[PDB]
Amino acid sequence: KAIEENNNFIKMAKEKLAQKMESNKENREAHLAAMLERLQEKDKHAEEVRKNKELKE
Amino acid sequence: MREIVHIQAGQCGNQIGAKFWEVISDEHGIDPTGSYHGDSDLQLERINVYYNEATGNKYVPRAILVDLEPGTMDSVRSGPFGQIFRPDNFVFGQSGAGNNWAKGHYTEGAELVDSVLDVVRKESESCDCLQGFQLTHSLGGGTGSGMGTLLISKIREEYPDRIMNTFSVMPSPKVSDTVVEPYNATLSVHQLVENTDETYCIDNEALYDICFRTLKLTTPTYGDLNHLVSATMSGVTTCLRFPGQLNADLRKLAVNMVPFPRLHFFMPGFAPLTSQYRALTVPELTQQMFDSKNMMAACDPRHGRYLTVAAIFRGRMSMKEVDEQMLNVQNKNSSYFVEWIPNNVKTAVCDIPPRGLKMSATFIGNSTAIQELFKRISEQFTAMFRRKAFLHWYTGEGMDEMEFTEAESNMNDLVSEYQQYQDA
Ligand SMILES: Nc1nc2c(ncn2[C@@H]2O[C@H](COP(=O)(O)OP(=O)(O)O)[C@@H](O)[C@H]2O)c(=O)[nH]1
Ligand SMILES: CC(C)(C)c1[nH]cnc1/C=c1\[nH]c(=O)/c(=C/c2ccccc2)[nH]c1=O
Ligand SMILES: [Ca+2]
Ligand SMILES: [Mg+2]
């Protein structure tokens, strides 16, 4: 029982840690993915502005 | 039945145990290297009881030294009589037991126990007729308490017909190393109730009070407490270590001292208490050894009743005066000895006195007043256990709360049983 419970604690610490570190990498990547997608939406808007100058001449 | 196998377990066990061999080796005329330099043949007549004979006429103690850390057993080997012990009988682990009964009994001590039993088997094998085992330990620590009671249980499996006696030091807040002592002691007491024929209840409360009150030592060390323990241990082992026309082994003594199997916890006592020039008269020894102040277990014998008494006097004195004085206290305090065991106070005299004293007396009492000791440890236990305090140290080593509940119940049953015969 002393071994079982010491292993249980090592087990669940390892699983809790891996679940957090993965969940964090999902979040931080989804945060940076949104930030770049807003910046790429500006490049698409600046392509419409530069077309509406040429298509008004 | 002649040979006794001695085992000492833990810091306390090895400390009082080392003093035992310091005292009795002087009494048998054995020097620090093991050679005999006595004068009387009485010093060698029953030397086989505690010593094996080696090549070159050396005397080696039949002693096994156990601990779960090296510390104290390194001190024993460096100490004054350390060289006399057989080197193979120093059996020790490394990590210790952190004052934890669970570590001693179930985890750390389990890893070491079988190698200790091999040394016991080694000593038991080359014994013409083994009469039994004796163990020194505390019940408050981890090693002596947890591993000591594990060893006792294993020894009973392998040697079910041999006598198992203990010299068991009880914990007290007055002389306290950790708060969990009541836990360790309660777990040990339940083991001793099942697996020992006798347990000498040395209470550290009583040893302190004797050092403080009736010896005027302001700051008593463990050496001062152990001085009282070694004197008593010499006294209780006298009648086996010498004659004088006393035809008795551990079983015969146990048969006459223990009327009920579970009630084998004795009240040791010594007279005179030392730390002298005027030797005591036979009346003084008799009054002092029966006196509550001289009791090594902090119980008032007036609060209980004596089931049996044994008293062994040492020195050159009139046996007539001894018989007169022992009959004087019985016949003038007859309410405190149970009427339903006739002639329950027995006496022996040994001619050889101990070192330093001209005459002395050692008192062994199977009183029902010992319930006070177990009640005191039961209260300290419950105070913590009602709030499950400090239990994480024991549950982390795989123990269940149920085992504590059982042990609590078993010790309170022991107290109930002592109460039954006090009123009967
Ligand atoms: N009389 C006496 N009691 C001791 C001595 N050393 C420790 N104790 C007591 O024993 C308990 C501690 O147990 P200890 O033997 O140190 O632990 P162990 O080495 O794990 O068995 C405490 O209640 C102490 O009061 C000693 O030399 N003499
Ligand atoms: C007649 C007399 C005094 C010898 C007696 N009658 C019943 N008991 C004893 C003494 C003893 N009784 C014991 O049980 C006893 C126990 C003992 C001896 C050696 C080692 C450990 C315990 N030591 C004793 O001296
Ligand atoms: Ca280990
Ligand atoms: Mg200690």
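Numbers restart at 1 for each chain; the letters A, B, ... are given by sequence-line order, proteins then strands. Whatever order the structure lists ligands and atoms in, that order sets their numbers, starting from 1. Cropped entry; intra-crop contacts only. Any value given below was found using the heavy atoms of this structure, including those in side chains, with hydrogens, waters and symmetry copies removed.
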**Student:** Look up the drug at ligand 2 and give its PDB name.
**Tutor:**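 The name is plinabulin.
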**Student:** Any idea which macromolecule plinabulin contacts most in this entry, and what the PDB entry calls it?
**Tutor:** Tubulin beta chain
**Student:** Tell me the other chains with a heavy atom below 4.0 Å from any atom of plinabulin.
**Tutor:**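 Other chains in heavy-atom contact: B.
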**Student:** Check the entry and name the source organism of chain B.
**Tutor:** Sus barbatus
**Student:** Any idea which residues from other chains are within 4.0 Å of plinabulin, non-hydrogen atoms only?
**Tutor:** B:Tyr50, B:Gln134, B:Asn165, B:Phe167, B:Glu198, B:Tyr200, B:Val236, B:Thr237, B:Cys239, B:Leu240, B:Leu250, B:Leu253, B:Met257, B:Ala310, B:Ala311, B:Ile312, B:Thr347, B:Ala348, B:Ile364
